[PDB]
Amino acid sequence: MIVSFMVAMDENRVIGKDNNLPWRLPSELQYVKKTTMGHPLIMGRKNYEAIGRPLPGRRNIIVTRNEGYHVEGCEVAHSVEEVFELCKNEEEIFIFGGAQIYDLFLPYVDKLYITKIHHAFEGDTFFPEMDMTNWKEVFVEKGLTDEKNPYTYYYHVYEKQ
Ligand SMILES: NC(=O)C1=CN([C@@H]2O[C@H](COP(=O)(O)OP(=O)(O)OC[C@H]3O[C@@H](n4cnc5c(N)ncnc54)[C@H](OP(=O)(O)O)[C@@H]3O)[C@@H](O)[C@H]2O)C=CC1
Ligand SMILES: CN(Cc1cnc2nc(N)nc(N)c2n1)c1ccc(C(=O)N[C@@H](CCC(=O)O)C(=O)O)cc1
């Protein structure tokens, strides 16, 4: 299948601060919503706890090592292979991150969905560095600024061959 990364990031690749986004952009969540809709979302359990609930219309798969972790409305995988085992006949798969989880699927990544925020937030979890060269870009577009989304941000999509 197609393994896709889906990340929002800072001009310095920052993706989170607390166990939370260092920003609050409701419109960003909607490009994200519409892109992933109808597709499994694989998210690290630390990511999940930052969302606190199952996101409708998609298979929510939560990656933990913890044999006893359960949340109603989500599957759980203790493994990259268990994730693939669950996504047996899937077409595309969205790695919804946590950097620990971006790290686990780096060998499998087929494409990239990156929002770039042009601003410096002082966060502490970063999106890992990626293949110099390789990935050819396929899509650029500018998002939506307003009171509530008061940062300049752009959607990007890359693909490797
Ligand atoms: N801006 C953005 O696009 C996004 C931002 N974020 C932010 O990033 C932060 C979360 O990222 P991060 O802290 O790296 O954590 P993660 O979201 O990657 O979740 C980490 C958890 O995944 C589980 N895990 C890690 N490795 C394995 C393994 N080999 N097998 C099974 N389970 C494993 C562990 O769970 P356990 O300890 O239970 O065993 C680990 O604690 C938060 O601040 C969040 O808001 C996250 C996603 C996107
Ligand atoms: C902490 N966080 C993770 C998050 C935020 N922005 C991202 N942005 C991108 N580009 N990629 C990600 N992986 C990403 N992940 C969240 C928090 C809330 C919602 C959320 O409730 N989103 C709704 C849409 C808005 C809503 O229902 O309130 C959804 O179902 O997608 C999603 C992501």
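For this chain, numbers begin at 1 and follow the sequence in order. When the header is checked for method, it gives X-ray crystallography, 2.3 Å. Counting starts at 1 for both ligands and their atoms, in listed order.
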Worksheet item: What is ligand 2 bound to here, taking the chain with most contacts and naming it as the PDB entry does?
Response: Dihydrofolate reductase
Discussion item. Okay, next thing: the drug at ligand 2, what is it?
Written reply: methotrexate
Item to complete: For methotrexate, find out whether one of its N or O atoms is nearer than 3.5 Å to an N or O atom of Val7.
Response: yes
Worksheet item: Atoms of methotrexate less than 4.0 Å from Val32 heavy atoms?
Response: 8 (N), 9 (C), 10 (N)
Worksheet item: Going by the atom numbers of methotrexate, which of them fall below 4.0 Å from some non-hydrogen atom of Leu55?
Response: 29 (C), 30 (O)
Discussion item. I'd like to know whether methotrexate has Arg53 as a neighbour, heavy-atom separation below 4.0 Å.
Written reply: yes
Practice prompt. Return only the organism name the entry records for chain A.
Written response: Bacillus anthracis str.
Practice prompt. Check each of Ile117, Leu29, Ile95 against atom 24 (C) of methotrexate and report the one with the nearest heavy atom.
Written response: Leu29
Discussion item. When you compare methotrexate with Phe96, is there at least one nitrogen or oxygen pair between them that comes in under 3.5 angstrom?
Written reply: yes
Fill in: Residue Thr115 vicinity, atoms of methotrexate by number, heavy atom under 4.0 Å
10 (N)
Worksheet item: Given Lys33, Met6, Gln30, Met9, which one has a non-hydrogen atom that is nearest to atom 25 (C) of methotrexate?
Response: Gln30
Worksheet item: Is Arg58 in polar range of methotrexate, meaning some N or O pair under 3.5 Å apart?
Response: yes
Discussion item. Got a sec? I need the residue and atom in covalent bond with methotrexate, or none if there isn't one.
Written reply: none
Worksheet item: Which of the atoms in methotrexate, numbered in the order shown and given with their element, are less than 4.0 Å from a heavy-atom of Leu21?
Response: 1 (C), 5 (C)
Discussion item. Counting only heavy atoms closer than 4.0 Å, does methotrexate sit against the backbone of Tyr102, its side chain, both, or neither?
Written reply: side chain
Item to complete: Check whether any N or O atom of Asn47, backbone or side chain, sits under 3.5 Å from an N or O atom of methotrexate, and answer yes or no.
Response: no
Discussion item. Using a 4.0 Å cut-off to any heavy atom of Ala8, which atoms of methotrexate qualify?
Written reply: 8 (N), 9 (C), 10 (N), 11 (N)
Item to complete: Find all residues with any heavy atom less than 4.0 Å from an atom of methotrexate.
Response: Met6, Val7, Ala8, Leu21, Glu28, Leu29, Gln30, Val32, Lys33, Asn47, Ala50, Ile51, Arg53, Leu55, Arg58, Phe96, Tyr102, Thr115
